[PDB]
**Student:** 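I came across a structure with molidustat and want to understand it better.
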Amino acid sequence: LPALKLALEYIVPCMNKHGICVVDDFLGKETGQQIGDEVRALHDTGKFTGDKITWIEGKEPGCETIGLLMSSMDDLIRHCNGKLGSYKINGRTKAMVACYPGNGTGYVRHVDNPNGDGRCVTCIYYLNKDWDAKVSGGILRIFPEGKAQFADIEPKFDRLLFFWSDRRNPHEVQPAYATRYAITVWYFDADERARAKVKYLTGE
Ligand SMILES: Oc1c(-n2ccnn2)cnn1-c1cc(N2CCOCC2)ncn1
Ligand SMILES: [Cl-]
Ligand SMILES: [Cl-]
Ligand SMILES: [Cl-]
Ligand SMILES: [Mn+2]
């Protein structure tokens, strides 16, 4: 589907019904591999003589295709104009470009935004080519609040994931046995983000 059709026919009704939406084959193989090359360049540096996080705006040298990813995410969110709950999405974070070690470590269950920090939608893009979660792990488990079911989401290559960032979606990540990368972006609700910012002295 084109971005308009995908947003209105799939992403919007999926998010309002479930709070979780998976889009597969988001950018295609060639672009996905290019993003992987850029991400590995950021994190796979050598040496002279937890996890790794970098925050990317999208116009840094060697990050142009990460920027294309962010523009593509922005395109989908824009076409959701005012249809994602009651939110008015007026901005987002930088891209969190993460490298997660394959050392048998998982991520404890948590809520991204538990206390009204302004973030209403979490977007995650998975860029590890030919990742087989059945063999290598790394599955995301989301527990939508009050539902009888929970969801396991495999970090499949070129997969885009949306979910509500607030207490509706506690989530945990199972351990993995190879290095993997994911890029996360959070979209802000205008009113909540404004309220969260009033406490600061001109300091964001
Ligand atoms: O890194 C992840 C994963 N994950 C792990 C492996 N695969 N996916 C799932 N949530 N999550 C995360 C990270 C985060 N940070 C990271 C440290 O800086 C501050 C903000 N804030 C909220 N959620
Ligand atoms: Cl939790
Ligand atoms: Cl966290
Ligand atoms: Cl902000
Ligand atoms: Mn999280």
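What you see of chain A is 188-236, 253-407, where the numbers are those given in the PDB entry. All values below were derived from every heavy atom in this structure, side-chain atoms included, with hydrogens, water molecules and symmetry-related copies excluded. Atoms within each ligand, like the ligands themselves, are counted from 1 in listed order.
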**Student:** Do you know where to find molidustat in this model, all copies counted?
**Tutor:**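 The drug sits at ligand 1.
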**Student:** Which polymer chain sits in most contact with molidustat (ligand 1), and what is its name in UniProt?
**Tutor:**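 The chain with the most contacts is Egl nine homolog 1.
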**Student:** Which nucleotides or residues of neighbouring chains are within 4.0 Å of molidustat (ligand 1) (non-hydrogen atoms)?
**Tutor:**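 With heavy atoms under 4.0 Å, it is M299, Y303, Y310, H313, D315, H374, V376, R383, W389.
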**Student:** Which residues in chain A does UniProt mark as 2-oxoglutarate-binding that also have a heavy atom less than 4.0 Å from molidustat (ligand 1)?
**Tutor:**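 Those UniProt residues with a heavy atom under the cut-off: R383.
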**Student:** Checking the N or O distance criterion of under 3.5 Å, is molidustat (ligand 1) in contact with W258?
**Tutor:**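 For molidustat (ligand 1), there is no N or O atom that lies under 3.5 Å from one belonging to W258.
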**Student:** What I want to know is whether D315 and molidustat (ligand 1) share at least one N or O pair that is separated by under 3.5 angstrom.
**Tutor:**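 Such a contact does occur with molidustat (ligand 1).
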**Student:** Look up the source organism of chain A in the entry.
**Tutor:**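 The PDB entry says Homo sapiens.
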**Student:** Do any nitrogen or oxygen atoms of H313 lie less than 3.5 angstrom from nitrogen or oxygen atoms of molidustat (ligand 1)?
**Tutor:**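 By distance alone, the answer is yes.
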**Student:** I'm comparing molidustat (ligand 1) with the native Fe cation site: which UniProt-listed binding residues in chain A have a heavy atom within 4.0 Å of it?
**Tutor:**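 Short answer: the UniProt residues with a heavy atom that close are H313, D315, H374.
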**Student:** Would you happen to know the UniProt domain of chain A where most contacts with molidustat (ligand 1) sit?
**Tutor:**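 Most residues touching molidustat (ligand 1) lie in the UniProt domain Fe2OG dioxygenase.
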**Student:** Do any other ligands or ions come under 4.0 Å from molidustat (ligand 1), and which ones?
**Tutor:**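 That would be ligand 3 (chloride ion), ligand 5 (manganese (II) ion).
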**Student:** Go through molidustat (ligand 1) atom by atom and flag the ones less than 4.0 Å from a non-hydrogen atom of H374.
**Tutor:**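 Near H374, the atoms of molidustat (ligand 1) are 10 (N).
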**Student:** Using a strict 4.0 Å cut-off to heavy atoms of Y303, name the atoms of molidustat (ligand 1) that fall inside it.
**Tutor:**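 Within the 4.0 Å cut-off of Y303, molidustat (ligand 1) contributes 1 (O), 2 (C), 3 (C), 4 (N), 5 (C), 6 (C), 7 (N), 8 (N).
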